[PDB]
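Below, a PDB structure including paromomycin.
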Amino acid sequence: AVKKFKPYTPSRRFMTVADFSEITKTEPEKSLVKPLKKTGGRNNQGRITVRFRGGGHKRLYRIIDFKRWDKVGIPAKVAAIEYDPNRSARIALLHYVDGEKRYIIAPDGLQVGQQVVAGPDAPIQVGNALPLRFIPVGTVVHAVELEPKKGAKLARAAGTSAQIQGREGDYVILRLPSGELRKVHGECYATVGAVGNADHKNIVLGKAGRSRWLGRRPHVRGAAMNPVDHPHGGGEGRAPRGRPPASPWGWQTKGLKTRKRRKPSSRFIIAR
Amino acid sequence: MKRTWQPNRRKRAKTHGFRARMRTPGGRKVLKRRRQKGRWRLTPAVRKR
RNA sequence: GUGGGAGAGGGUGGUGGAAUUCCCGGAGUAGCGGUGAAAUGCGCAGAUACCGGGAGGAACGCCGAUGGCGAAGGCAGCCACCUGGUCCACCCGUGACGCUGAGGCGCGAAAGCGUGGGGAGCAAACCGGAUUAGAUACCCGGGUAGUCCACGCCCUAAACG
RNA sequence: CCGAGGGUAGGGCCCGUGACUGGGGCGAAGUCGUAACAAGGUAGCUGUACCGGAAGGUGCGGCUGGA
RNA sequence: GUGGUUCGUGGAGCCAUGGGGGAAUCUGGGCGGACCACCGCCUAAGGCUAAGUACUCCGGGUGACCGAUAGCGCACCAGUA
RNA sequence: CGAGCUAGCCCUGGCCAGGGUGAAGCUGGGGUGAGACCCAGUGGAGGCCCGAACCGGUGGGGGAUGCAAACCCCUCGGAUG
RNA sequence: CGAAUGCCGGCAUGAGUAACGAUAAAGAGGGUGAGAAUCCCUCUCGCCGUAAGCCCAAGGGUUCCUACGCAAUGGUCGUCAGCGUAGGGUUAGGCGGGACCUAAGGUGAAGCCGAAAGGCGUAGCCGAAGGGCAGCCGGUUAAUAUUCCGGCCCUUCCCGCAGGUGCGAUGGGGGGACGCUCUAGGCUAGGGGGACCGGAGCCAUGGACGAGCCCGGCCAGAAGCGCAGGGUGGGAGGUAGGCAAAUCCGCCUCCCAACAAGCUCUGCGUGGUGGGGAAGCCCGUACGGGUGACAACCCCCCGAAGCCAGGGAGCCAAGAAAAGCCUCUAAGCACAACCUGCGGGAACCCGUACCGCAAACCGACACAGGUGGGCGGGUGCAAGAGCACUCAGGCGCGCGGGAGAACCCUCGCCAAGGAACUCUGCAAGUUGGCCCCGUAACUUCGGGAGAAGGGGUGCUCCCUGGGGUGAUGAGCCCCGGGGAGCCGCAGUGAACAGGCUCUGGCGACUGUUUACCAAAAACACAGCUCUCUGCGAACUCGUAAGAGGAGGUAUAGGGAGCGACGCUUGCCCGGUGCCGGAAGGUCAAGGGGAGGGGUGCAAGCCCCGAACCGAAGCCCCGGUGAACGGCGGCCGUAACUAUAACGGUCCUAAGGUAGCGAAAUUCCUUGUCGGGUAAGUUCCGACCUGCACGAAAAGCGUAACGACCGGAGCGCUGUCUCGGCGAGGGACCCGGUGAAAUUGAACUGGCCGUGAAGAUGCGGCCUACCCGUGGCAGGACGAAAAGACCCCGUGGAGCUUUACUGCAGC
RNA sequence: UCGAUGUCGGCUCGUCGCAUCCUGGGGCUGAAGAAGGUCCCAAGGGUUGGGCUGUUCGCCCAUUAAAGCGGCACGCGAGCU
RNA sequence: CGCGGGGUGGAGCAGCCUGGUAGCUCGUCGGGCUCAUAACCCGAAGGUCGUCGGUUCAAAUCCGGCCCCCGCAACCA
Ligand SMILES: NC[C@@H]1O[C@H](O[C@H]2[C@@H](O)[C@H](O[C@@H]3[C@@H](O)[C@H](N)C[C@H](N)[C@H]3O[C@H]3O[C@H](CO)[C@@H](O)[C@H](O)[C@H]3N)O[C@@H]2CO)[C@H](N)[C@@H](O)[C@@H]1O
Ligand SMILES: [Mg+2]
Ligand SMILES: [Mg+2]
Ligand SMILES: [Mg+2]
Ligand SMILES: [Mg+2]
Ligand SMILES: [Mg+2]
Ligand SMILES: [Mg+2]
Ligand SMILES: [Mg+2]
Ligand SMILES: [Mg+2]
Ligand SMILES: [Mg+2]
Ligand SMILES: [Mg+2]
Ligand SMILES: [Mg+2]
Ligand SMILES: [Mg+2]
Ligand SMILES: [Mg+2]
Ligand SMILES: [Mg+2]
Ligand SMILES: [Mg+2]
Ligand SMILES: [Mg+2]
Ligand SMILES: [Mg+2]
Ligand SMILES: [Mg+2]
Ligand SMILES: [Mg+2]
Ligand SMILES: [Mg+2]
Ligand SMILES: [Mg+2]
Ligand SMILES: [Mg+2]
Ligand SMILES: [Mg+2]
Ligand SMILES: [Mg+2]
Ligand SMILES: [Mg+2]
Ligand SMILES: [Mg+2]
Ligand SMILES: [Mg+2]
Ligand SMILES: [Mg+2]
Ligand SMILES: [Mg+2]
Ligand SMILES: [Mg+2]
Ligand SMILES: [Mg+2]
Ligand SMILES: [Mg+2]
Ligand SMILES: [Mg+2]
Ligand SMILES: [Mg+2]
Ligand SMILES: [Mg+2]
Ligand SMILES: [Mg+2]
Ligand SMILES: [Mg+2]
Ligand SMILES: [Mg+2]
Ligand SMILES: [Mg+2]
Ligand SMILES: [Mg+2]
Ligand SMILES: [Mg+2]
Ligand SMILES: [Mg+2]
Ligand SMILES: [Mg+2]
Ligand SMILES: [Mg+2]
Ligand SMILES: [Mg+2]
Ligand SMILES: [Mg+2]
Ligand SMILES: [Mg+2]
Ligand SMILES: [Mg+2]
Ligand SMILES: [Mg+2]
Ligand SMILES: [Mg+2]
Ligand SMILES: [Mg+2]
Ligand SMILES: [Mg+2]
Ligand SMILES: [Mg+2]
Ligand SMILES: [Mg+2]
Ligand SMILES: [Mg+2]
Ligand SMILES: [Mg+2]
Ligand SMILES: [Mg+2]
Ligand SMILES: [Mg+2]
Ligand SMILES: [Mg+2]
Ligand SMILES: [Mg+2]
Ligand SMILES: [Mg+2]
Ligand SMILES: [Mg+2]
Ligand SMILES: [Mg+2]
Ligand SMILES: [Mg+2]
Ligand SMILES: [Mg+2]
Ligand SMILES: [Mg+2]
Ligand SMILES: [Mg+2]
Ligand SMILES: [Mg+2]
Ligand SMILES: [Mg+2]
Ligand SMILES: [Mg+2]
Ligand SMILES: [Mg+2]
Ligand SMILES: [Mg+2]
Ligand SMILES: [Mg+2]
Ligand SMILES: [Mg+2]
Ligand SMILES: [Mg+2]
Ligand SMILES: [Mg+2]
Ligand SMILES: [Mg+2]
Ligand SMILES: [Mg+2]
Ligand SMILES: [Mg+2]
Ligand SMILES: [Mg+2]
Ligand SMILES: [Mg+2]
Ligand SMILES: [Mg+2]
Ligand SMILES: [Mg+2]
Ligand SMILES: [Mg+2]
Ligand SMILES: [Mg+2]
Ligand SMILES: [Mg+2]
Ligand SMILES: [Mg+2]
Ligand SMILES: [Mg+2]
Ligand SMILES: [Mg+2]
Ligand SMILES: [Mg+2]
Ligand SMILES: [Mg+2]
Ligand SMILES: [Mg+2]
Ligand SMILES: [Mg+2]
Ligand SMILES: [Mg+2]
Ligand SMILES: [Mg+2]
Ligand SMILES: [Mg+2]
Ligand SMILES: [Mg+2]
Ligand SMILES: [Mg+2]
Ligand SMILES: [Mg+2]
Ligand SMILES: [Mg+2]
Ligand SMILES: [Mg+2]
Ligand SMILES: [Mg+2]
Ligand SMILES: [Mg+2]
Ligand SMILES: [Mg+2]
Ligand SMILES: [Mg+2]
Ligand SMILES: [Mg+2]
Ligand SMILES: [Mg+2]
Ligand SMILES: [Mg+2]
Ligand SMILES: [Mg+2]
Ligand SMILES: [Mg+2]
Ligand SMILES: [Mg+2]
Ligand SMILES: [Mg+2]
Ligand SMILES: [Mg+2]
Ligand SMILES: [Mg+2]
Ligand SMILES: [Mg+2]
Ligand SMILES: [Mg+2]
Ligand SMILES: [Mg+2]
Ligand SMILES: [Mg+2]
Ligand SMILES: [Mg+2]
Ligand SMILES: [Mg+2]
Ligand SMILES: [Mg+2]
Ligand SMILES: [Mg+2]
Ligand SMILES: [Mg+2]
Ligand SMILES: [Mg+2]
Ligand SMILES: [Mg+2]
Ligand SMILES: [Mg+2]
Ligand SMILES: [Mg+2]
Ligand SMILES: [Mg+2]
Ligand SMILES: [Mg+2]
Ligand SMILES: [Mg+2]
Ligand SMILES: [Mg+2]
Ligand SMILES: [Mg+2]
Ligand SMILES: [Mg+2]
Ligand SMILES: [Mg+2]
């Protein structure tokens, strides 16, 4: 839906906030299962190695369930859907009859009170997790494992999915959010449905501060700098570059393919 | 204005203390040099309890 | 009211094959395309033509009409749901409740605009090749918006009987 | 107190004027090309859209005021 | 592929050797500056080994060495203020 | 040897008088087939406004072997981010 | 030794010169003393008072208190001192820190890595104004006290007795436990008032013996209560989860509760007892002591940002950990143990003085600078921590005295004129708070807006209306309205408190930057686009391990550019880059040996070595511009001339479209018209011959925004005509302390010559008794800095690339 | 003169040369008068206010008896800007 | 002033560097087609190569000096 504001201030006239109506009466989270201390820090042991990180709201990590094959066969009741500061998506709090409480990343269409479960069994319904094999060709799916028993790694961003395209002996072909065509092992779990919160892309930050709230420090142009700092630094009053556009570290930034050629992963990929 | 000396006992101790110098080869040599020199004070005297 | 009927009438969801285009495999050799005739162009880096496989998008051949439905714009494969109009028989209830309609309000092809999606063919703009005195055209080979969908706008027509 | 009117200040309509600029009317024998009327030598008209010295062309849908 | 040696790729051995290949046990092996013949010299891939030599914190002797702006930075409670 | 100045990030605490304007949203009324929407009233949003502390350093003057190796007077910006 | 702007030292000159560190301010009397403007005391005066006053923390470390001292330290003086000598002074189970816990970070057995030295590194450990934790109020010291003493009150521990219970962990679970903004109720702190209660005294100078003036009317406190509030559901079955176990927690399932009823927990009120208790006056202290007092110790009001606190409500950016604590069991033990009540005994270590917005910390100084947290009284201005004055409290800023010139700083005022000043209204003025009328273009519909422009503002009396708190009334308190009337030049009567418009440029906007000359139109920014990346991601740091990315997964992450928003971003792929091309050309090592040489008597051993096989890169074929970049010359032509829609030709990879255009871009230039002016190299509108705009180094627009830059007008003034007076601080004169750069020596005149070409110093002439003091600044090519430009030096550095040459990387 | 001679314009203060802009004295004039033209003596004193530009200069505005030229380190920054 | 690029029939361009021959396009002229014109067709003429000079057997061509044309530069002060 997206919340919109009137221009009672500049920067309030474009600004735009998510709709939280799917956030069920459960705004503060769940101890026990999560949260952990989350360790803010824009850099490695010592030095900054990703520029322009820092500031922005304190967070608690929700330790979510990315391998659903523990509770094969054990169903769970979806108890709530809550805000997760550390991902684009929303998260489902679910209660297993087992007693155990996990969070699943919350798919589009998930309703509270719903039944959900994981395993070879598993009715093909939104929320359920299955090894890729038993899932019908053509159904859209998410939180897909890359290699079996290694955890969900594909399609967890808000409003993303992959679609099952066909099969090939032990592998089923996937079409990933990027549009790539991937052979992913049959035995990999993946949960049916799309991610949801799909209006995430429609949000307009609206002002500088908002950027900072999310811990995004000001990014400065190479043009703004000096020859010591950047290939684009200097010279006089503005300058068009004077070389093929580059990163600060000298590599070209328009076109230069960067995936290494001899990756053994290659023989499992069929697209862009 | 604000000058450059902003005394802090803890800082002076953690920074220039006998135990800091002892911790690394760089520092151990400092004690060696100061000893051979005949320095009355190997490290700065940080006070208080 | 009671009981019936025809229909491409509207919306949402689902789905079938034919064909074009692209990728992959086989087999295959020196031209294919195109026109008034040509050339740009495609092709020994293996094209065209044929076989098999996959991908995707749009439009539904036959039925089809000089036909049907809608108040218009319009509406065509197939299935279900939701839903408007309407005709017929019976003469069953109401009992003049009737007709039109300034404003208002909704509807409103195509093209166009917004944000997002999609993009197979086609195709303004654009680029080439011919024709011309020139040709910012007709023809030719390319090709972007767009044509497609969700939602929001736009509100015009030889919206013509 | 009211009060003709004078003063300051700001708005409303109207008229005149303005370098310059837009398209328009009319002005016997100036240039350019041929769009339309015969199938007008690409049927024409049309709403919209882009492009073009110019009529104009083209895309999409529509009309018969054409086959 | 390199270092070492007077040796800087040179005709470049010898001695060390990171990488690949990879033997023999005296009729065995290495060397004598590419190489080959001959004639000779040693016996690799285990280790230990005084003395003659270097130094001068420390003690002593001596100076065609200084003598308080010299001589150590310091003759003096100096690596002090 | 230095981040006890300074530049950023991390962890933990603290500070921001007093006024202004009055978004959404509720609530009632109006409207309609249901709407949209329009009214009040309430409500208390905002790198919003005025203005201290506080963070600045705009303009001028003074100071220039200074009170000061950046200072003082008048003036100005921000002040819930 | 004579010069090295030489080194070290001593002593000169400037010079009794400038200065003596905030313009908050002083005077007098008395003491002491060898000696007083400066030390004590008293009176009078002035200054702070959201401090210039008290309380912390940091830092300092003897600076505290006392006796005796004045050579030095003090910008003078000093009998004084933060100075010199000596002596005394800091008392804790309850405050802070440690024998408690964890954060980032550090450290680090296991493990991994590294020529070495070392680098990572989960468990654990360390790490604090964060979590946990039991003291309130008064008294005494010259100097310490939540530390001593008094009263009232707790906390662990250990051994007992008494009663209860399955007790039991570094293990399970629960809790601790968490944002911002706005907030309700009940209180406390603090504050105002009182005819009431308590008090020494007081009638002054015309009046007042009066609900007269003045001072004061509290503090702490266990239990039990009382009020306000915070917390919490209780049963029973089933139980496969919480990494062993569980009666716990979680998940089902039924009944009871839906309430704070009941349980506990806080805060506040009351509380046995305990304590304080003014002005005044008299004392001798430097200071504190008695007296008032047997003090009184009472009602009303305002009232927090503080308490109840884990309160509530809304929002999006989504808001530490661990222990203490409760509980669940496990081994083990159940003569143990643990809980509860009572008794006795045990309770260590360090800090504790004083300064603490400053003369004791940071700035070489007793420095006008810097320095975190708490309290910060009253009255008035709408409010407030603002401003004026003033409590408490603390100062008069460690040279004075006179004078009353220039000149300077700071201030005040001015006739007539009001921008003529000037590079600019630079500066200074005007304006200024509140309430009430009243407001344009434009616009994104918010705004523009405090647009503009206006009026009201005091005090007196009358009538009158809501609340608050009290009972529905009294008062005390907060807001209103109506009506008469008084006074002054003037009513936010002092202080705090916009000058207003119009039109261009640039940038959207709040924001950010050259600490110490630039705050901008530069940076950033939301947003747009391109491009990389499928996850052991790309990218970055490190040789590595490893870490970031990210405990993220294409709606995500990196790099570039552009920079809200609207309308838009044309054409060129020839060159360069980037991408895509199982062909071909070229291509190193290695594979390959046709073939030739060296030895040898030969077997052999040793070299050269052509075919062909050999990758990526290049070459070549394609594509690609929100990738690097680029986007023409000439000649003619219309029935007035002028001009050229039209044509010819050369060349290109293609020859600038739209939209702007003498511009932040225009040389010729003050282009040319037009407007503003009496007058306009600037400004505003246009034409276009664009030296040399132009479409994401974006193009043309844009409301709002700005200590940005330009032009204009109104309002107002010492900016100016054009000055003048007046104030304070200096300047000057006297007493005191008393520097500086500079300095070849000096007995240091003008003109005209001359001289290395600008003479006090040489020539001739001219003038000129010796020495000072306040002033001006022409000269000594004055001082200051081995010129910052320039050039030289085969001098140095930062920077770029299709300079060379390497190297990391791929 | 580079071990430094501050460099444009303005401002304040001046002062000098005259090849004189004004005023005084003249000769010739194609000098009727008035007003000019032009030349010769002569510097004693004078030699305005604004608009635009950093401007010097210049161009305008309104006046004037006139709106003089040039030197003094394009005089003058230990005097200002 | 310095720098280097051009002057070729009526117009716009070749030609030179490797001297010996001036060619393409358009336009002009005659002929055709048409009712006529333009388009088209068939034929045809037109250049002292800016101007002085030598270099040579011979200069558009190579070299100097002027003549106009075009484009560059003119910097630290
Ligand atoms: N009245 C005509 C209107 O204007 C236009 O027409 C205008 C022009 O097109 C037209 O120009 C014509 C030209 O077309 C034609 N081929 C040649 C002619 N000599 C011109 O003529 C013009 O100029 C001449 C002399 O000055 C006059 O005498 C005459 O009246 C005038 N029409 O002159 C007209 C104005 O007078 C539109 N084409 C027409 O549709 C419109 O309705
Ligand atoms: Mg936790
Ligand atoms: Mg470290
Ligand atoms: Mg940027
Ligand atoms: Mg820069
Ligand atoms: Mg570089
Ligand atoms: Mg670079
Ligand atoms: Mg530039
Ligand atoms: Mg550059
Ligand atoms: Mg009937
Ligand atoms: Mg009836
Ligand atoms: Mg009708
Ligand atoms: Mg359409
Ligand atoms: Mg978008
Ligand atoms: Mg096509
Ligand atoms: Mg034709
Ligand atoms: Mg086509
Ligand atoms: Mg429509
Ligand atoms: Mg029809
Ligand atoms: Mg008009
Ligand atoms: Mg006209
Ligand atoms: Mg036509
Ligand atoms: Mg025609
Ligand atoms: Mg036609
Ligand atoms: Mg059309
Ligand atoms: Mg076209
Ligand atoms: Mg060597
Ligand atoms: Mg050998
Ligand atoms: Mg030998
Ligand atoms: Mg030997
Ligand atoms: Mg030995
Ligand atoms: Mg000595
Ligand atoms: Mg001696
Ligand atoms: Mg509302
Ligand atoms: Mg508010
Ligand atoms: Mg604000
Ligand atoms: Mg500044
Ligand atoms: Mg403010
Ligand atoms: Mg000498
Ligand atoms: Mg000397
Ligand atoms: Mg000396
Ligand atoms: Mg003197
Ligand atoms: Mg003097
Ligand atoms: Mg003096
Ligand atoms: Mg003083
Ligand atoms: Mg004495
Ligand atoms: Mg005062
Ligand atoms: Mg002492
Ligand atoms: Mg003392
Ligand atoms: Mg004494
Ligand atoms: Mg003294
Ligand atoms: Mg002093
Ligand atoms: Mg003392
Ligand atoms: Mg102990
Ligand atoms: Mg500890
Ligand atoms: Mg610990
Ligand atoms: Mg840790
Ligand atoms: Mg370590
Ligand atoms: Mg603590
Ligand atoms: Mg404690
Ligand atoms: Mg004390
Ligand atoms: Mg138990
Ligand atoms: Mg526990
Ligand atoms: Mg626990
Ligand atoms: Mg009396
Ligand atoms: Mg009490
Ligand atoms: Mg268990
Ligand atoms: Mg007393
Ligand atoms: Mg709360
Ligand atoms: Mg622990
Ligand atoms: Mg103490
Ligand atoms: Mg104390
Ligand atoms: Mg303080
Ligand atoms: Mg002092
Ligand atoms: Mg001080
Ligand atoms: Mg401060
Ligand atoms: Mg006020
Ligand atoms: Mg207060
Ligand atoms: Mg104040
Ligand atoms: Mg005046
Ligand atoms: Mg006046
Ligand atoms: Mg005036
Ligand atoms: Mg002026
Ligand atoms: Mg002037
Ligand atoms: Mg101005
Ligand atoms: Mg001003
Ligand atoms: Mg302006
Ligand atoms: Mg502006
Ligand atoms: Mg800005
Ligand atoms: Mg700053
Ligand atoms: Mg600066
Ligand atoms: Mg600013
Ligand atoms: Mg690192
Ligand atoms: Mg990693
Ligand atoms: Mg991580
Ligand atoms: Mg990105
Ligand atoms: Mg930019
Ligand atoms: Mg920019
Ligand atoms: Mg821009
Ligand atoms: Mg472009
Ligand atoms: Mg190109
Ligand atoms: Mg290319
Ligand atoms: Mg290409
Ligand atoms: Mg390539
Ligand atoms: Mg190759
Ligand atoms: Mg122009
Ligand atoms: Mg330009
Ligand atoms: Mg003016
Ligand atoms: Mg003008
Ligand atoms: Mg003009
Ligand atoms: Mg530009
Ligand atoms: Mg560009
Ligand atoms: Mg700003
Ligand atoms: Mg004055
Ligand atoms: Mg005075
Ligand atoms: Mg004196
Ligand atoms: Mg003399
Ligand atoms: Mg001379
Ligand atoms: Mg002499
Ligand atoms: Mg002389
Ligand atoms: Mg002088
Ligand atoms: Mg001088
Ligand atoms: Mg000098
Ligand atoms: Mg020099
Ligand atoms: Mg050289
Ligand atoms: Mg010089
Ligand atoms: Mg000198
Ligand atoms: Mg004369
Ligand atoms: Mg005369
Ligand atoms: Mg003069
Ligand atoms: Mg000049
Ligand atoms: Mg000169
Ligand atoms: Mg001068
Ligand atoms: Mg100066
Ligand atoms: Mg220079």
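Letters go in sequence order (proteins before strands), and every chain restarts at 1. Counting convention: from 1, in listed order, for ligands and their atoms alike. Method on record in the header is X-ray crystallography, 3.7 Å. Heads up: this isn't the whole entry, just a piece of it, and contacts are only counted within that piece. Hydrogens, waters and symmetry mates play no part in the numbers below; they use all other heavy atoms, side chains included.
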Drug placement: paromomycin
ligand 1
Looking at contacts alone, what is the main macromolecule next to paromomycin, by its name in the PDB entry?
16S rRNA
Help me out: which other chains have any heavy atom nearer than 4.0 Å to paromomycin?
D
Does this PDB entry show a covalent bond joining paromomycin to the macromolecule, and to which residue and atom?
none
